[PDB]
Number of protein chains: 2
Amino acid sequence: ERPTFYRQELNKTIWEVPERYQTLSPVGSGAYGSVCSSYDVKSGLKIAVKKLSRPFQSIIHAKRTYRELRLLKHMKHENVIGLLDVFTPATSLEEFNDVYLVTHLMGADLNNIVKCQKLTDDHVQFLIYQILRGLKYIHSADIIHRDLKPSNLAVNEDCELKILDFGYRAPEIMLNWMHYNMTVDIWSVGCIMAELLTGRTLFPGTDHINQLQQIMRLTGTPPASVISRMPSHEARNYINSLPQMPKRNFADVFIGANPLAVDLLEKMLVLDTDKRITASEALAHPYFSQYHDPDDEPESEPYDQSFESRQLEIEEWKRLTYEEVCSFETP
Amino acid sequence: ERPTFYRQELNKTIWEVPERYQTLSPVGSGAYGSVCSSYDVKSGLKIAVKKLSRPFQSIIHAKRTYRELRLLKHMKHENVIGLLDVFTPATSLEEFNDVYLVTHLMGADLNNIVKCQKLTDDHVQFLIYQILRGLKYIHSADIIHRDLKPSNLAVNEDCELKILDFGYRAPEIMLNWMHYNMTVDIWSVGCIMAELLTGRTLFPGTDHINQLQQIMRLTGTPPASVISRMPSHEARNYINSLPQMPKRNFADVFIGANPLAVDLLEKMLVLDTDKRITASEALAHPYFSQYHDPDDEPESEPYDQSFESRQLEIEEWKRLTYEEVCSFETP
Ligand SMILES: Cc1nc(Nc2ncc(C(=O)Nc3c(C)cccc3Cl)s2)cc(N2CCN(CCO)CC2)n1
Ligand SMILES: Cc1nc(Nc2ncc(C(=O)Nc3c(C)cccc3Cl)s2)cc(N2CCN(CCO)CC2)n1
Ligand SMILES: Cc1nc(Nc2ncc(C(=O)Nc3c(C)cccc3Cl)s2)cc(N2CCN(CCO)CC2)n1
Ligand SMILES: Cc1nc(Nc2ncc(C(=O)Nc3c(C)cccc3Cl)s2)cc(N2CCN(CCO)CC2)n1
C-alpha cells in the first residue's frame, strides 16, 4: 500500500518522499544523484536518502540506474553499503520517472578520516580490518562494473566502516584493469593505512610517472621479466635503476608504529603483484588478532550480471527498474 | 637587448608582452596557463602566446614550468608544436616571476575536426599521415613525462596539423602505461581515423569496461595467454566470449571508405599489441602513397631528461628556467 508522501523543494529540485523520512537535509552531491540526511521516524535512525539525477534520460543513465539498484540490493555485508529502501511517488510505469534509494548514513569521507587527527593504534586496526573484510566480500562477487573500492570508504563517529559506491581507450589498458583489479585494491589499503599511522602522504610524486620512481625507493625495482619487455631501452633505464636519492626503509618511515603494522605494510606495499598480500590472507595476519574471526568473514552469493551484456532501449531499462522498485520489501 | 614591453589587463590578469606581439586576444585556457592569439609584427604571422599560471608557486609548478620549456625547445619537427619565443618582463632572477611561451596558432581542436563535416578522402590521408609522422618523431624522443599525444592534435584551415602539449596509484598501472605507451597511440589514431571517415564514435560504451566488450566485436577475443591469467573465472568469462549480438565487420562499418583506408584500420585496430601496426610501418602502408617519403620522416635527437630524476627546491627550478629564458635565441 502506498504510504502518505510529502513534497518539498531542496536546492531548486522537487523531492517527494514517504511520511517516514522527515527533516531532510542536503549533505552533498555529484553527477550520479543528490543525497539527503533524513530522520526515519519508523526505525528511529538518521538515514541517507538519494534522488537520482534524471535517471532515464539516456540508455546509459537508464542502465546506470538499474545497475546501482541491483548492486545495493545484492550487497549484504556489514562493511558494504546496502539498500534499506527504494521508492517512487509514481503510481504507474508510464508516469514513472523519479527514483530514490535509501541507505545508512555514514558521517565522514576518507579525506576527513586523515585530518581526524588523534587516532590510537586500535582505531587503525579496526578501520583497516573493516576495509579488508569488505574487500574480501567485494572481490568474491566479481562485480563487472567497478563502483566499490577502498577509497570509497566511509566512517561514522565510532569508527564503524562501510564502503560506499562513490568517493579511444585502448584494450590493453582495460584488460590491465581487470587483470590487476584485486591487487590494486590492496595497494590502496596499504597507502590508506600508511596515512593513518603517519598523517602524511606515502608516495608523493611531482607527477604520476615520477610517482613510480618514488614507489620503487621503498619497493625496489621491478623483476627482470617486467623490465625486459618495456618498449624502449630508455624505458628500461627508468625502471631498472633508482637514482641516487637518500635511502629510505619501512622501519624508518613508520617509526612510532606498532611493529605488526609495519610488518603488515611490508606485505601490502610490494611491487610483485603475485607476492603481494591478498585480502583474506591480510585478515589472518597477527596485526588483527583481536578482530580476526575466520568464520565471520563471509564471501558473497553469486551475483547475476547478465544484464551488463544486454543491449537495450531506454524504455526496457526503465521497466526492469520499475519492476524492482515495486518488488522491494523494506527491511 | 630588452625590447619595449607594453602592459594590459586581460581577464583580470596583467599581461606584459614585447612590442612585436600586438592585438592580443584570448582564445582558451587550462590549468597550465592562459593562451592569447597575437599578430607578431616582425615575422607578420598570427601567433599563439601563453602566460603560465603562477609558475613558481610550488615544486610541482616550478618543475612543470621548466619541463615545458625544455620540451618545446627540444621538439623540432613540423608536425610537433615548437617554441618560437619565450620571454619575461623580469630583469633579474630575484624579480623573475612571470613566464610567457610562444608558438604557432592552430585554431581547430580534435573535437572541432570531427564535426568539420565535408572532408575528402585526401584530407584523411593527410591528417592521419601527419599524426603518424609526429608519433614516429615523438616515440623516438623517449619522453618520460607524457604531454604529446594523438588526441592533442590541432589543425589550421588548410588541414596542416601539429600535436600540442594538451587537449594511491599502484605500480602495475603505471608500469603498464610505460609498457604500452606506443601501442595505445596507434589505437587512438585508429579511432580518430575511423571517426573522420564516418562521423560516429567507433566504440561507444555504456561505460568503460563495457567498451572492452564493444571493441572485441571488431577485434575478437584476447589470446589464450592474456585470458589464462585473469584474477577470476568470471573475469575469464567476460573476455573469452562475445555475447550474441549482431555480427559486425570492418568492411561493413567503413562501407563508403577508400578500401585502402579499411586495410590500414584492420592493421591499427588489432587487439594483440604485438601484431598491431607501428607508426613507421603505418607510414610505409599503400594508403599514404603520395605523402610517403622515407627520407623525410625523421626521428628525434636524444633528449636529455636527467632533470626528471632530480629532487630540487622551487628556487633551483626557477634558476634553471630563468637560465633557459635568457639563453634562448628567437628564430
Ligand atoms: C555527500 C555526503 N555524504 C555523506 N555521507 C553519506 N553516507 C551515505 C551516502 C550515500 O550516498 N548513500 C547512498 C545512497 C543514499 C543511495 C545509494 C548509494 C549510496 Cl552509497 S552519503 C556525508 C557528507 N558529509 C557531511 C559531513 N562532512 C563533515 C564530517 O565531519 C563530510 C561530508 N557528504
Ligand atoms: C584496477 C582498475 N580497474 C578499473 N576499472 C575496472 N572496471 C572493471 C574491472 C573488473 O576487473 N571487473 C570485473 C571483475 C571485478 C570481476 C569479473 C569481471 C570483471 Cl569485468 S576493473 C579502473 C582502474 N583505473 C581507472 C581510474 N584510475 C584513476 C584515475 O582517476 C585508476 C585506475 N583501475
Ligand atoms: C585553447 C585554444 N587554442 C587554440 N589554438 C591554439 N594553438 C596553439 C596553442 C598553444 O597553447 N600553444 C602553446 C603555447 C602558446 C605555449 C606552449 C605550448 C603550446 Cl601548445 S592554443 C584554439 C582554440 N579555439 C578552439 C576552437 N574555437 C572555435 C572554432 O569554431 C576557436 C578557438 N582554443
Ligand atoms: C599509455 C599511457 N601513458 C600514460 N602516461 C605515461 N607517462 C609516461 C609514460 C612513458 O611511457 N614514459 C616514458 C617513455 C615514453 C619513454 C621512456 C621512459 C618513459 Cl617513463 S606513459 C597515461 C595513460 N593513461 C591511460 C588513459 N587515461 C585517460 C584518462 O582520460 C590517462 C592515463 N596511458
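Heads up: chain A is whatever sequence line comes first, chain B the next one, etc. Chain A is numbered as in the PDB entry, which gives 5-171, 189-352 for the residues shown. Numbers in chain B come straight from the PDB entry, and the residues shown are 5-171, 189-352, in order. All ligand and atom numbering here is 1-based and tracks the order in the structure.
The molecule at ligand 3, chosen from dasatinib, perifosine, pemetrexed, is dasatinib. The largest share of close contacts with dasatinib (ligand 3) comes from the chain named in the PDB entry as p38a. At a heavy-atom cut-off of 4.0 Å, other chains contacting dasatinib (ligand 3): B. The source organism of chain B, per the PDB record, is Salmo salar.
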